[PDB]
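So, a structure with Taxol in it.
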Amino acid sequence: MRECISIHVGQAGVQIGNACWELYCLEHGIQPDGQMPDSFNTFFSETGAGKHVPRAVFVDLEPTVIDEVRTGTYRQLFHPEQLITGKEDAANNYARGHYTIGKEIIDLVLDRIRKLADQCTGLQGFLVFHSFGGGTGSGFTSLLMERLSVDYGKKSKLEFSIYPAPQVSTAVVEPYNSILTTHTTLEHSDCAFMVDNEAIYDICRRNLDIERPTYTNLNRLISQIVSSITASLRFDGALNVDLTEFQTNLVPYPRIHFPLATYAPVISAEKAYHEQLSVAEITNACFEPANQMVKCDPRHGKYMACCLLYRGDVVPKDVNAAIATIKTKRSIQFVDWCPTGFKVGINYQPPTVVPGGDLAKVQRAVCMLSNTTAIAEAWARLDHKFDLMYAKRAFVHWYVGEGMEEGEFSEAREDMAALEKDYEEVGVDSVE
Amino acid sequence: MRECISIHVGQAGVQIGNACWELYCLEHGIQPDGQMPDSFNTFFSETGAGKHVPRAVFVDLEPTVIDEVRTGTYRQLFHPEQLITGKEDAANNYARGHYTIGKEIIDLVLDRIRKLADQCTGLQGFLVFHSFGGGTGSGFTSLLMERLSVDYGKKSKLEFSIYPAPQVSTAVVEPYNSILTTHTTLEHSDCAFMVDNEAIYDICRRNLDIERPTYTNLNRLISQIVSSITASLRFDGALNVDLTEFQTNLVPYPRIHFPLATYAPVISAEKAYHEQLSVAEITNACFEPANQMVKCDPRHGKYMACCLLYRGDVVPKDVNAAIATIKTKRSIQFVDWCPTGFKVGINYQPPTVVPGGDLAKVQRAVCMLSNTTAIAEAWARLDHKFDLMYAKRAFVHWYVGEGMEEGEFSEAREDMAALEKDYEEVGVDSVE
Amino acid sequence: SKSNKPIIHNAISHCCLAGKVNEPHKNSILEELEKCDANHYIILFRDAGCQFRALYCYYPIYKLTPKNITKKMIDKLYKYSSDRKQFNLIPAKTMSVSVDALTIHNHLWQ
Amino acid sequence: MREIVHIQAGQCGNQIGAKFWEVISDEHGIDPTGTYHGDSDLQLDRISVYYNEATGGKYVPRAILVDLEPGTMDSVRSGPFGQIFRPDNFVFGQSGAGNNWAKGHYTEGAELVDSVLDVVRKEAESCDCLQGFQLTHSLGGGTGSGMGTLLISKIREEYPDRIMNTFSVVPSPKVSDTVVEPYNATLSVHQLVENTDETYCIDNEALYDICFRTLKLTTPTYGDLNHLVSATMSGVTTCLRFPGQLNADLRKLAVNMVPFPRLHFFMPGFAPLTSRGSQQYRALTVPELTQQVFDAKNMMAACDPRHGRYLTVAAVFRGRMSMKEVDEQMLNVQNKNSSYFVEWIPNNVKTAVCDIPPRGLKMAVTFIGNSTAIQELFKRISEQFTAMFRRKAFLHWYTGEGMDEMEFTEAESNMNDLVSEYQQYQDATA
Amino acid sequence: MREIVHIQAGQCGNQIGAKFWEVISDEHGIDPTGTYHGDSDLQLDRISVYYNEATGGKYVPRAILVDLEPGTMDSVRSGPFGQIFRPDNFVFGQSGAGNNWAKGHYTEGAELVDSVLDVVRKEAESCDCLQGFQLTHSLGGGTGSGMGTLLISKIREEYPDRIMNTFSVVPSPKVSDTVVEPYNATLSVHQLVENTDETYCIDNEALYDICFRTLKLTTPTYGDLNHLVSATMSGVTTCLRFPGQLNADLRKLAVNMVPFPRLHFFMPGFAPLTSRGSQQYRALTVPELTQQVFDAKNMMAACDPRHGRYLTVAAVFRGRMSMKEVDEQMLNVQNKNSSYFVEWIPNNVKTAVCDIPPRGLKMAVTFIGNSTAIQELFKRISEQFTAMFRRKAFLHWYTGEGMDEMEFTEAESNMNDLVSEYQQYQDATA
Ligand SMILES: CC(=O)O[C@H]1C(=O)[C@@]2(C)[C@H]([C@H](OC(=O)c3ccccc3)[C@]3(O)C[C@H](OC(=O)[C@H](O)[C@@H](NC(=O)c4ccccc4)c4ccccc4)C(C)=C1C3(C)C)[C@]1(OC(C)=O)CO[C@@H]1C[C@@H]2O
Ligand SMILES: Nc1nc2c(ncn2[C@@H]2O[C@H](COP(=O)(O)OP(=O)(O)OP(=O)(O)O)[C@@H](O)[C@H]2O)c(=O)[nH]1
Ligand SMILES: Nc1nc2c(ncn2[C@@H]2O[C@H](COP(=O)(O)OP(=O)(O)OP(=O)(O)O)[C@@H](O)[C@H]2O)c(=O)[nH]1
Ligand SMILES: Nc1nc2c(ncn2[C@@H]2O[C@H](COP(=O)(O)OP(=O)(O)O)[C@@H](O)[C@H]2O)c(=O)[nH]1
Ligand SMILES: Nc1nc2c(ncn2[C@@H]2O[C@H](COP(=O)(O)OP(=O)(O)O)[C@@H](O)[C@H]2O)c(=O)[nH]1
Ligand SMILES: [Mg+2]
Ligand SMILES: [Mg+2]
């Protein structure tokens, strides 16, 4: 009676979402056919026959990666009305996925969402899975977040934004996609989650002992972070937290709403032994600079609000014990205006593992969603990957020729440079 | 309980420690897997499953001797996070194990220690195993002892030095190491045990009737000395002793803290007969000049504070009768300002023989840790192995070219020549 | 006695200025290195991507080509391996003999 | 969708395509007749991007072959993979350009191009959604330099918003294989810097040395040079028709790459390049394949990469691999080569990883680099133009076909405009 | 880790190397093809130190082969254990040095050193962490010294902080196989005392007497001399790639050994040395192997050990033995020979004990001696130099390659500096 629905904009979302709904079927016994040999009605709307179909609208300009969904293992699951394809891609061009091509098929998208807002007496939230890297995932979302908010206004709209790495990038015009797609989403985003690839590659290397991680393997990890934020709807633990509750705990201001996620424990099959992973052990595994899944040093800024979405057999005495250690430790700093900034959530589900995966079978886990000041320095970086590629006026000629003003780039930057001092608004201490 | 952790710096430390952790698994029924078919919680921290892992940080710059641990019998015991390798060794060059190479990986060392001090509620002390000879054992120890004492300050740190012999050496710059790894670790070290190779080769020959002592055989003896200093934590006797209890008894001054070891009985299997080895017989096997495992003449100096640590079936009447003979004997001399200077200790467990070893099944033992004056002349010798290689300025061009001052060598001898007179400060009597 | 002059000439002329586009620019800094007797030279980049902008020197810190720096404005530490010929990072933070290059804050450039 | 129409022009292009369609037919499993016999269903999932399925299950290549004399066509139609083309599309004249630029664009151009553009208009209508017009010619001939610069000035009028890639063979520094190829190029560069979006400058001269040094061949025939050029030619559009982990199409390889609407000349590269027996001496992994790319001896364009700096650099990988290795190796060769890359374009590697290798390999890099390293290629030709214009030799075959000195000064001013702009955005640092 | 790049120069070192890699292959179970067939896993636990694993499970030697005429390389590629090398590495010229030192360092070297150093730079990047550069050459030839002293003047500039060991065959006292070899060796010491960390002075003349007297050989071919030198050449670096009880490596064999940064000229020794049937007459014990080593007749350098005193000694042992037996005998031969060991270095024996014997033996000793016993070697050659320069014979073959009389007095002044400094630290007692 509480129902959330999911959109998959761009390539980076759809390939993740192929592993998300791979993972939801493991926690419920759902076949690829929709068969199964009642609280899971949050992500399904079943048929009179024995069949469950998910609440998913896979949308893509390029017709490429959708075709592997229609031929894959999950052919017999999704409704073929959902899988909206298109003619040509935006092709890493914000001025094409928002003005030229994505403007065309947007009525086919909003109407198939419209036929899913009626099967839900308890419509709860949105899930736009997208990247800041591409052109579809950054252009079509900025179109789509404006349209669902004018439609509804009063629903939670959680994104899962792939953040662009400080050092490794597979795109050349990537700082032109990101500065546009944050300015456009900023009025209409509600709580935008950050994930970087580069920080996962350490966690793929060190803690997992894998030197060759495929995009099969990186998208297993980001699926488990998704499969534990949404664990307090599908199941009931001692302390459940809804998507309407995250937006008030984690978010101090209408601007600063960028949590970075951290999951623990992440250890291999062989190193699954040799330690015990207690409820006070796995908590310290989250507040390291090593385990942050965004490449930002968390010791260069304060934590404003954390949220420890525990699961598995965790007994709530030790959480209060473990937190009382952490607030007393030295390098971990909290902000002078926040007294104590946590939000504990215990659920009664062990994190189940996908077969053919590379994580251990653990009995407890934690999906930390920790807002901070440390991400502000990366916002002092993507403007510097922006100004050098703009003072010589490089790459402007593909965006002018697709319906975008010249002045509506420096308009975004000064709005983005205003977002920088709002973290400096946080870092000061208004004493007396 | 009262937990104690073990660091094995250098090759000379680790190959002892390969036999050390070979030995406690004999005394506690522990499989090499960590299985076994609750007072021993001090050198272990077990799993939620049935598996015990040690408290060991086998740290080395060169990877060669480490790679035999991961292939030996004791692969399935150590946590595969612990065993630290590196690129290139210091290679008998003190300016490389303290300035150049050990400076690189010092933070990986202290952080794995940091993840071992959290599991210990009642942490007692350290057991660092090193030599004075090699560059890994010298520059990296004095690097490590400075950093742990700043980190903690209030714990007990015990070195186990393989002492450089007066006559039989296997290095050319072995006097140029030891003045550097005594000057630097003079303040931070707290009870540094001296064990010599050369006097062990005597005891392998005479008392054991072995003319070919492999280092498989030499390190069984030092394992028996370590397994009886720490026999009183892992077992409870009648008159127990602790690691904090040693450092008050044995160390009369902040400078002079160099005890030396002597173990008895050391006899072969055939000579287990032909004598009875009473509690007042093996005690006389301690104060001979023969069994002193440092090549010094104990009749050329006094004992400040002997310390007897018996084990096995010993009745506390017989110790007092044995001691009372010894203080009356003439050639054994005690220091005039120390009236009665012993420290007894009895554990209820016999020593146990490693299978395939070279000692007999005895019923009692004694691990004497005496703080003599006789080691002063050996300190009056290594400066004469120092100055003859310094007036011609030999071998300076390797230390200088790796981050070391020329002026910081006459400074170390200045501390070392000051360390000679404090032993001579002991031998005099302030007559009223 | 010891110095770092053969190392930095091996690091300037072969890693970050070896292209023939900056070949007049390499000669415009090579002649400003022969005219000093500093026992420890050091290189300051701007980015983590080690774009070369200024040459410095250390004493047991003046601008050979901010003029003076302290131990607060330092963020990363680079060591130039002659094996790989690539500036590798340093886990240690003390400015020492093995420290070949470093970065500073982005506050100092805006 | 995303279909591509393939025009071929000149003697050079009409033999590259006969090897190019020989290349494609083994990737999709196509017989000489025109039918499918391959093994993977992924061959036929996107077979319709270079093909039309005719009746009986036959497939025919969407390819238009243009010439001005029937000499080259007769070689194609007699040889294998020549009957597979549509026999209407062989649109050719009879006069022959005679290696004359002014004859194949002004005189004989207007008498045949009407029969060309209608065939172009016919082939576009058999598509779902059109992508672009890949084209194969040279810059030294008379047909491939005059007919090719006629079509793009007509087809862009018919299609203002499709992508236009020309795979132009570029004249060599050492051997002047044509007496007047400094006159064919500068009149052809005038019609590629103003209509086409990318122009794949490939040289003969550096292409021979790879056949000698790296490949260890003794007798390099053109059937082993165009065999090598076609490997790049299919590697760019193997990600447009096969499901990759990081998809890139011909539009993604435009906006990532081209920084300014003039500087759009690409110089490719390929890896691996083994020998017949020297394959046993290396490792076929991404740390080898990356460093094989960035040598001076892997660029098929006759220029030194160390002379000049890169701006944007593509690397389209094939074959099943992992992404961290590629993300490491593409990171690795920028930190040790930070002098070679330009400052004001950070993260100047574009990557693409596809899941289908070449037919019989394990992995393969198809390189596409952009550089300032071709400033001297337009300083070489713009000087060979100038000394042959002061005494104005070899001019009475162009003036006689309706052409003035006014055109030969504008194109000289047009190319020296481009000499300044590879110089302007090479030292501009901030 | 700790990999080593093996460079082979001159005619001498390549024929050494062709037997050297014939030696290392039998320690690791390596076929002539390049694949593994051995029986101990320790052969592959450190196989990466001289090798790179190619595709298909082959190994190739990390070895660069340098010449100036194809005469020697043609012999190696024809013979067995010769096709295993990478054919990219055979960097050779054409013109031939002609036993002219000034030709192979100024004339012929200046056009071949560039195609060496890139092949050098290719091999270094394929390693984990590099240790050193072992070179194998003469001090009498033109190729083994002109090209020999050139690379270390270039590689040390490329690598200021690695270790450089040259296994230089030194000209002999009795036989003189070159008329002008006093002119070569005086020009080689000038560029080995400035740039190399250690140098392994092996002679031809005393190498026959070990073959004739001790080994009891009738016909010593060079295939039995270089058979013997390859034993020392591999025995030094068996403590770096096999787990010993008391490990040493090429850096531990530098700081133990060399008290002053010029006096680094070593001279080996090997044991056991038997005959075909005279092995019955002795026992193979460490008290026996020690006294075989310290004879006058086992030092491979052609100088009497008794004419002069030792400084440092590194008797690297092999085979499974004990440690006291070593530590007793190393003490035993210093007490009875304390007149031969110098006063101001106490405990001047670096023991190194390994655990793997040579293939088929039970134990072996690889002595490395550093003595004042080669002060007369540099009194020998510097006297053969001076009389051949007062009349300045054979000068117009070196002056004609760009060389002055100014250079030839410096190397004579450099070597007579080294005569005094062995003399200075021989009798300085305090
Ligand atoms: C049946 C048997 O045991 O035969 C032995 C043997 O009889 C003796 C006599 C060998 C033999 O050596 C010679 O005859 C010899 C001839 C010319 C020059 C030097 C030696 C042997 O050939 C040599 C050979 O040595 C090896 O195999 C070592 O691995 C050696 N290898 C080579 O030298 C080698 C030879 C040919 C091709 C490739 C390598 C080695 C030594 C040091 C470092 C690396 C490798 C051995 C034990 C044998 C024979 C076959 C007869 C002896 O030599 C060595 C070097 O081991 C000579 O005195 C020793 C004692 C050995 O017992
Ligand atoms: N974590 C993760 N990131 C991915 C994956 N696939 C692509 N990405 C990232 O997605 C970013 C590019 O965005 P895309 O979604 O592919 O581009 P697009 O929005 O679809 O638009 P086009 O340019 O038209 O393809 C890059 O930073 C990639 O690293 C994946 O499987 N997992
Ligand atoms: N008792 C004992 N001493 C040993 C053993 N192995 C080596 N030693 C001694 O170690 C000393 C040499 O220094 P090492 O500590 O082994 O060298 P290192 O610490 O590894 O440093 P490096 O120079 O980098 O190799 C000598 O005095 C040897 O007698 C062993 O198994 N037992
Ligand atoms: N790579 C390649 N170049 C060719 C081939 N045939 C001709 N060329 C080149 O094309 C140029 C001559 O142009 P050509 O196309 O024959 O003249 P056109 O018919 O008037 O266009 C010369 O530079 C030739 O080297 C070929 O098969 N392959
Ligand atoms: N030990 C040994 N010495 C050799 C061998 N071949 C040549 N020499 C010696 O090398 C010297 C001649 O130098 P060489 O290397 O041939 O001349 P280069 O080619 O100009 O360096 C003489 O002293 C020869 O005795 C060989 O196979 N073994
Ligand atoms: Mg896409
Ligand atoms: Mg060591």
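In what follows, every chain begins at residue 1, and chains take the letters A, B, ... in the order their sequences are listed. Every number for a ligand or one of its atoms is a count from 1 in the order of the listing. Determined via electron microscopy, 3.8 Å.
- The parts of the structure that belong to Taxol are ligand 1.
- Within 4.5 Å of Taxol (ligand 1), most heavy-atom pairs belong to the chain that UniProt identifies as Tubulin beta chain.
- By chain letter, those with a heavy atom nearer than 4.0 Å to Taxol (ligand 1) are E.
- For chain E, the entry records the source organism Homo sapiens.
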